[PDB]
Amino acid sequence: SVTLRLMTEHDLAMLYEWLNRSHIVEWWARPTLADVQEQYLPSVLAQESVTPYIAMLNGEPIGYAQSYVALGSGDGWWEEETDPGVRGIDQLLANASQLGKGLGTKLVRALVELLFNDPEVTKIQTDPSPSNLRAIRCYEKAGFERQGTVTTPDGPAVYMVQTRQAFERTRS
Ligand SMILES: CC(C)(COP(=O)(O)OP(=O)(O)OC[C@H]1O[C@@H](n2cnc3c(N)ncnc32)[C@H](O)[C@@H]1OP(=O)(O)O)[C@@H](O)C(=O)NCCC(=O)NCCS
Ligand SMILES: NC[C@H]1O[C@H](O[C@H]2[C@H](O)[C@@H](O[C@H]3O[C@H](CO)[C@@H](O)[C@H](N)[C@H]3O)[C@H](N)C[C@@H]2N)[C@H](N)[C@@H](O)[C@@H]1O
């Protein structure tokens, strides 16, 4: 069972290592330690309405995740959003030897549950790139539905949603 804790300043050097592992680099640019400290400091992320978490498994950190207020995004992101209740997610697994063993699906399921525990939250979104079939499949298994293609400042994305109603019906 995978759980989530908030990321702290103390996790930044570990995150920096992960973001230079080649299984991560291919989908996530190759940040220096200072890049990571400037960009992923929780109080800096806070300014773009981003919350970082660390995924835990048997007491060990196994990945990184982010939630964000879509409406709170700016610089070209989700310009058409009108609903303050929408959240987006992103995530990664730290260890290549743990890829494709269902852990990503548990991580996403844990992150979806936490977010719907914000009573103001209406819907979760994700935006994997079209090439990223493994991320798209993992999200599907976690209850996300493919809507269609959207343009983002990083490029096209397969836009996927899970509503609160859908979550209510499947959680049992
Ligand atoms: C995305 C990520 C979190 C998913 O976690 P994961 O543990 O690998 O995914 P899961 O094991 O839970 O399931 C993934 C599914 O993708 C499928 N799959 C793997 N590679 C695939 C491919 N190239 N094409 C189609 N399906 C693929 C698997 O079959 C599996 O589903 P299954 O149970 O039906 O067999 C993880 O792979 C990761 O950190 N990747 C690197 C960075 C990244 O892509 N982050 C996401 C950015 S949107
Ligand atoms: N899925 C994996 C992807 O995760 C991140 O992409 C995220 C952005 O982080 C997030 O943007 C937020 O953080 C930015 C700072 O980076 C701010 O500009 C922005 N205002 C703020 O809303 C978008 N809303 C959603 C997008 N999927 C990585 N960057 C990218 O490399 C990787 O492929």
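Going by the PDB entry, the residues shown for chain A are 12-39, 44-187, listed in order. Just follow the structure's listing: the first ligand is 1, and inside any ligand the first atom is 1. No hydrogens, no waters, no symmetry mates; every other heavy atom, side chains included, goes into these values.
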Report the name of the drug found at ligand 2, as recorded in the PDB. bekanamycin
Give the name, as used in the PDB entry, of the chain with the most heavy-atom contacts to bekanamycin (ligand 2). Aminoglycoside 6-N-acetyltransferase type Ib11
Do any other ligands or ions come under 4.0 Å from bekanamycin (ligand 2), and which ones? ligand 1 (coenzyme A)
What is the source organism the PDB records for chain A? Salmonella typhimurium
Sub-4.0 Å atoms of bekanamycin (ligand 2) with respect to non-hydrogen atoms of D90: 18 (O), 20 (N)
Does the N or O separation between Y55 and bekanamycin (ligand 2) drop below 3.5 Å for any pair? no
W39, portion touching bekanamycin (ligand 2) at heavy-atom distance under 4.0 Å: both
Nearest-neighbour protein heavy atom for atom 17 (C) of bekanamycin (ligand 2), which is reported as residue plus atom name and distance: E63 CG, 3.9 Å
If we only consider heavy atoms of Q81, is any one of them less than 4.0 Å away from an atom in bekanamycin (ligand 2)? yes
What protein heavy atom sits nearest atom 3 (C) of bekanamycin (ligand 2), and how far away is it? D105 OD1, 3.7 Å
Subset of bekanamycin (ligand 2) atoms that lie under 4.0 Å from at least one heavy atom of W93: 24 (N)
Given the protein's heavy atoms, is any one of them under 4.0 Å from atom 29 (N) of bekanamycin (ligand 2)? no
At less than 4.0 angstrom from any non-hydrogen atom of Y83, what atoms of bekanamycin (ligand 2) do you find? 24 (N), 25 (C)
Which residues define the site around bekanamycin (ligand 2) at a heavy-atom cut-off of 4.0 Å? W38, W39, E63, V65, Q81, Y83, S88, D90, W92, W93, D105, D142
